[PDB]
A.B. asks: 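Once you've had a glance at the structure underneath, I'll fire off some questions.
Protein chains get the first letters and strands the later ones, always in sequence-line order, with residue 1 at the start of each. Any value given below was found using the heavy atoms of this structure, including those in side chains, with hydrogens, waters and symmetry copies removed. Order of appearance sets the numbers: ligands from 1, and atoms from 1 within every ligand.
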Amino acid sequence: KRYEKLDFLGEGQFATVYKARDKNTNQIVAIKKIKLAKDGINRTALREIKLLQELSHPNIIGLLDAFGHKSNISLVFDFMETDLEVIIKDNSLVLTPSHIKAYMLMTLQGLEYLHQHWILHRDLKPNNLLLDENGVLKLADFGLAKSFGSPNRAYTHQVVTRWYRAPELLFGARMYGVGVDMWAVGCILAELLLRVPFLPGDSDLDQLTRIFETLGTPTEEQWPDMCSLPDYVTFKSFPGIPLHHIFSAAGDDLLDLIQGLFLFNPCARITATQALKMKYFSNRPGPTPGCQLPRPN
Amino acid sequence: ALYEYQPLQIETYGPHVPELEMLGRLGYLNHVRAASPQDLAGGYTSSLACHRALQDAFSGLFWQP
Amino acid sequence: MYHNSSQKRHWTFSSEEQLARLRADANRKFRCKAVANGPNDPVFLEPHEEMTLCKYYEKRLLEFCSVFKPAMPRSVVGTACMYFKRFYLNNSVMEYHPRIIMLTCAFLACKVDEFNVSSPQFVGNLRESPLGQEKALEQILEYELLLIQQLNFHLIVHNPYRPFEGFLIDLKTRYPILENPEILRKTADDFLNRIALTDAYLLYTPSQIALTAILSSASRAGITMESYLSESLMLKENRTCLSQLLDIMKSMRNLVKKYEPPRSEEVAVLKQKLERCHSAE
Ligand SMILES: CC(C)c1cnn2c(NCc3ccccc3)cc(NC[C@H]3CCNC[C@@H]3O)nc12
């Protein structure tokens with residue numbers, strides 16, 4: 001209640017976001033005030049509160065504060081000027097390979113921290129990748145994030161925005177791991193390289209059709225146990241387009257990163273740690289500093 | 001100004017946890033339930049459950065307030 | 001992960017006398033507020049009486065989560081009990097009744113641990129008239145933000161159960177002197193339950209609590225396990241840490257021994273005084 005409401009930052013199913021000043025330090029923050037019967041405080045708000053109070057990484061959005069009144073709660077976050085979707089859709093911005101390297105590096109560092117603490121973001125997409133004024137990407141929108149690694153808990157499979165949903169989720173995986181995030185990273189990476197949604201399927205079966213058409217229908221040698229998934233339906237044997245035909249400007253190291261991120265086998269799909277260890281990030285050019293990342297203004 | 005990976009050192013105030021790929025060849029997976037074929041198809045391997053249990057068992061074992 | 005959790009950073013205390021001071025401060029603050037609201041009146045409860053009522057209502061919380069349908073996972077029960085302990089660590093039983101706070105802690109624990117229970121199910125687990133169940137739901141929703149504010153918005157609770165499973169895995173794989181460590185489990189489980197009746201959850205790490213339970217089961221079984229601590233856990237190379245760990249486990253065991261259950265006649269008197277205090281709140 002020490003917060004002066006400056007502007008209106010957005011509206012979404014569960015909440016409304018405003019720019020604000022913290023008067024006690026005169027800071028610019030984003031207040032996510034939760035909207036609304038006989039169920040109490042919104043579970044999305046509680047999920048984001050409980051998970052973001054346990055995480056502290058430069059590339060994960062900081063929950064600066066929280067408060068509220070009867071059954072209506074509001075969460076105080078770092079204010080972010082833009083999200084990666086605005087950079088991707090800004091035809092005036094040129095995404096050099098170094099800028100893509102910087103974005104992927106910050107995303108994978110935030111995701112490595114997040115996965116080391118056994119949390120799946122599970123809603124990764126360019127909107128949820130916010131950029132502060134200093135060029136530091138942060139993961140945001142933890143309303144679907146869930147702790148993984150526990151056999152005793154079943155997870156939903158309708159949980160990642162369809163265009164970035166991994167094939168095990170489209171096939172209906174109830175138990176999964178970091179792959180569902182890393183696939184989305186690949187999709188984000190692909191979109192960073194194409195400036196267009198990589199796999200923009202209209203439905204779940206259309207999403208699977210797009211995936212298999214772009215990358216080949218997976219065999220049981222590529223993805224063992226694939227048929228065990230609850231919603232597995234056999235598809236046409238698409239040859240798939242070679243990645244250098246999709247990403248014409250991608251070097252062989254970037255193609256190796258992309259291929260690792262897009263493995264159909266969620267166990268063989270690279271994690272954030274080993275994605276960060278790949279030679280793509282070690283090679284030249286170095287990732288651009290945050291102060292030099294492109295700013296959609 | 002090239003990136004070099006750093007293993008992201010975080011202090012667990014407890015004993016060393018064996019690495020996730022070390023777990024099977026050190027015999028830990030003999031003592032956890034094997035992942036079902038659906039769980040393997042999703043990316044759950046029971047190395048995750050074993051690793052998380054071992055990490056929680058050692059997280060702050062040597063820590064005092 | 002506990003080692004950088006808010007539980008470690010804010011809700012693990014140096015000694016049981018800091019807990020006593022916090023609770024005495026809460027009792028004193030309610031007294032001072034009520035006197036400033038309209039001093040040595042016997043209507044108030046003394047901090048040890050508040051402690052007895054907190055122990056009694058903690059036990060009722062365990063019972064409520066025991067008979068809860070659908071079956072409540074043990075992590076939810078632990079989370080609710082931790083919430084109850086923290087709330088009444090900084091709050092008076094005379095201001096917020098422990099029955100409604102008990103149910104509110106269970107409700108918030110169910111939401112926080114992703115145990116998707118609809119509010120009608122939750123209040124259907126109350127052995128009451130349906131009108132009383134709706135009244136109890138209204139009170140639960142009324143107090144929920146209050147609980148979250150009194151927890152300082154730290155909702156993740158690290159229980160000793162997962163570290164218990166991890167220690168059992170580690171004993172099976174690395175400590176072959178102990179054949180079938182699962183013989184410990186039940187007895188260790190019992191000791192773990194006893195630790196939950198004490199203030200250990202606010203004083204020790206969940207891994208220390210789990211290790212104490214396992215070693216106490218083993219000692220109760222006639223099994224020595226200094227070799228597990230020193231060589232298997234590599235405390236042979238750091239004797240200061242081994243001494244610290246053994247002291248922690250010894251003090252946890254003593255803190256379990258000096259635990260006293262709430263006496264039924266004492267609790268009846270204190271409950272009547274509590275109702276008198278809340279009637280004239
Ligand atoms: C709540 C918090 C994480 C936050 C901090 N800054 N900020 C801004 N800033 C303005 C803005 C405009 C356009 C694109 C991105 C950001 C907008 C915003 N909108 C709410 C959602 C919308 C979808 N993407 C994730 C956002 O949190 N949420 C936030």
A.B. asks: Which named drug shows up at ligand 1?
C.D. replies: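 Answer: samuraciclib.
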A.B. asks: Name in the PDB entry of the chain with the most heavy-atom contacts to samuraciclib?
C.D. replies: Cyclin-dependent kinase 7
A.B. asks: At a 4.0 Å heavy-atom threshold, what other chains are in contact with samuraciclib?
C.D. replies: A
A.B. asks: Considering only non-hydrogen protein atoms, determine which one is nearest to atom 10 (C) of samuraciclib and report residue, atom name and distance to 0.1 Å.
C.D. replies: A/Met80 O, 3.3 Å
A.B. asks: Under 4.0 Å from atom 5 (C) of samuraciclib, can you find at least one protein heavy atom?
C.D. replies: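 Yes, there is one.
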A.B. asks: Under 4.0 Å, heavy-atom basis, I'd like to know which part of A/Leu75 is in contact with samuraciclib: side chain, backbone, both or neither.
C.D. replies: neither
A.B. asks: Between A/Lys19 and samuraciclib, which part of the residue brings a heavy atom under 4.0 Å of the ligand: side chain, backbone, both or neither?
C.D. replies: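 It is neither; nothing of A/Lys19 touches samuraciclib.
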A.B. asks: Is the closest heavy atom of A/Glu85 to samuraciclib under 4.0 Å?
C.D. replies: no
A.B. asks: Which organism is chain A attributed to in the entry?
C.D. replies: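 Going by the PDB entry, Homo sapiens.
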A.B. asks: For atom 14 (C) of samuraciclib, which of A/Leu139, A/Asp83, A/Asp123 has the closest heavy atom?
C.D. replies: A/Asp83
A.B. asks: Name the UniProt domain of chain A that holds most residues in contact with samuraciclib.
C.D. replies: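 According to UniProt, it is Protein kinase.
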A.B. asks: For atom 23 (C) of samuraciclib, what's the nearest protein heavy-atom neighbour? Residue, atom name and distance, please.
C.D. replies: A/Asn127 CB, 4.2 Å
A.B. asks: Can you tell me the UniProt active-site residue of chain A nearest to samuraciclib, plus the heavy-atom distance to 1 Å?
C.D. replies: A/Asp123, 8 Å
A.B. asks: Which UniProt ATP-binding residues in chain A pass a heavy-atom distance cut-off of 4.0 Å to samuraciclib?
C.D. replies: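 Sure - UniProt-listed, with a heavy atom under 4.0 Å: A/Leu9, A/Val17, A/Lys32.
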A.B. asks: Which residues from other chains neighbour samuraciclib at a non-hydrogen distance under 4.0 Å?
C.D. replies: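 Residues with a heavy atom in range: A/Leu9, A/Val17, A/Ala30, A/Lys32, A/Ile61, A/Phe77, A/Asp78, A/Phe79, A/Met80, A/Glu81, A/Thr82, A/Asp83, A/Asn127, A/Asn128, A/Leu130.
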A.B. asks: Protein N/O near samuraciclib N/O, under 3.5 Å, which pairs?
C.D. replies:
residue      : atom   : partner  : partner atom : Å
samuraciclib : 6 (N)  : A/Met80  : N            : 3.0
samuraciclib : 9 (N)  : A/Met80  : O            : 2.7
samuraciclib : 24 (N) : A/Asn127 : O            : 3.2

